[PDB]
S.K.: 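Consider the following structure, which includes JNJ-26990990.
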Amino acid sequence: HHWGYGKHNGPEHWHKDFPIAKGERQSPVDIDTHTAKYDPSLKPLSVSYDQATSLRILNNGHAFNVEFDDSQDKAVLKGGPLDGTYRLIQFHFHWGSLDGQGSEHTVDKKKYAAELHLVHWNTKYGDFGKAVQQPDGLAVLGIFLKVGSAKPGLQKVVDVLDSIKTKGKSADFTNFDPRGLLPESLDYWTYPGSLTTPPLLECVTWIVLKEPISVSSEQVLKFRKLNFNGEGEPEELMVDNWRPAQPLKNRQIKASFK
Ligand SMILES: NS(=O)(=O)NCc1csc2ccccc12
Ligand SMILES: [Zn+2]
């Protein structure tokens, strides 16, 4: 009986095994655009994914992860609210059963069809495991997805999902360039938060881009063909794998733009 997104093991149940679920800096949160304040101390955001090396894609029973080789200083995120260099380790998405829902963060309560999370760990900590024991160990770049025109840079991901339909399946996935998933603008909101899935560790500096990327209905429909279950088990479509907005508590969301 482990965590998931169903009625009996979903978000409202996680606190039992992970008490920090009711913590002081949980994610995601609703981004009240009028309450967010422009911050002049933020440095320009720098996303350097030119040397990124993807290795494989995996269905972990919650979402699918595109993992990268982070043994060297390649794909890195720095600047903005970040001090130092954060290295890309993997990315995944959260999506809904319908286009009207799916994202984790919301903007003035508006839910997008999906949300992309590019996960990075602070290199000052040596590795991902050590980073998640720190208050500033991680940086997650979140990007909203809306349904409209297709996103060319996403098709390669969409086309390999058939090979990892069920929990536990993985497939080689080299030479994928994550630059093809970024919107034109890097304007963003930032705040201190947590991982949105158990263990819900509060080690994240969130950077959520204001501009969403457009993906086609056909592309997101394929996300919804994935399974939460493993091979040979009853089919439970992988949809609505998002956690709802959590209490902002003692936090301020800062904007990189005016
Ligand atoms: N949705 S999320 O990125 O906030 N958390 C998802 C996640 C990324 S790396 C990692 C490692 C262990 C458990 C969960 C996770
Ligand atoms: Zn996520």
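Counting from 1, the numbers follow the sequence of the chain as shown. Looks like X-ray crystallography, 1.8 Å, at least that's what the header says. Atoms within a ligand are numbered from 1 in the order they appear, just like the ligands themselves.
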S.K.: Which instances in the model belong to JNJ-26990990?
M.R.: ligand 1
S.K.: At the binding site of JNJ-26990990, which chain contributes the most contacts (name from UniProt)?
M.R.: Carbonic anhydrase 2
S.K.: Which residues and nucleotides from other chains come within 4.0 Å of JNJ-26990990, counting heavy atoms only?
M.R.: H92, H94, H117, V119, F128, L195, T196, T197, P198, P199, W206
S.K.: Tell me which protein heavy atom sits closest to atom 14 (C) of JNJ-26990990, plus the residue, atom name and distance to 0.1 Å.
M.R.: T197 OG1, 3.3 Å
S.K.: With atoms numbered from 1 as shown, which atoms in JNJ-26990990 lie under 4.0 angstrom from a non-hydrogen atom of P198?
M.R.: 13 (C), 14 (C)
S.K.: As an exercise, identify every atom of JNJ-26990990 less than 4.0 angstrom from a heavy atom of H94.
M.R.: 1 (N)
S.K.: Which UniProt-defined domain of chain A has the greatest number of residues in contact with JNJ-26990990?
M.R.: Alpha-carbonic anhydrase
S.K.: Pick out, from the UniProt substrate-binding residues of chain A, those with a heavy atom under 4.0 Å from JNJ-26990990.
M.R.: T196, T197
S.K.: Which other ligands or ions lie close to JNJ-26990990, meaning under 4.0 Å away?
M.R.: ligand 2 (zinc ion)
S.K.: Which UniProt active-site position in chain A is nearest to JNJ-26990990, and what heavy-atom distance, to 1 Å, separates the two?
M.R.: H62, 8 Å
S.K.: Looking at JNJ-26990990, does any of its N/O atoms fall within less than 3.5 Å of an N/O of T196?
M.R.: yes
S.K.: Which of the UniProt-annotated residues for Zn(2+) binding in chain A lie within 4.0 Å of JNJ-26990990, counting only non-hydrogen atoms?
M.R.: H92, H94, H117
S.K.: What atoms of JNJ-26990990 come closer than 4.0 angstrom to any heavy atom of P199?
M.R.: 13 (C)
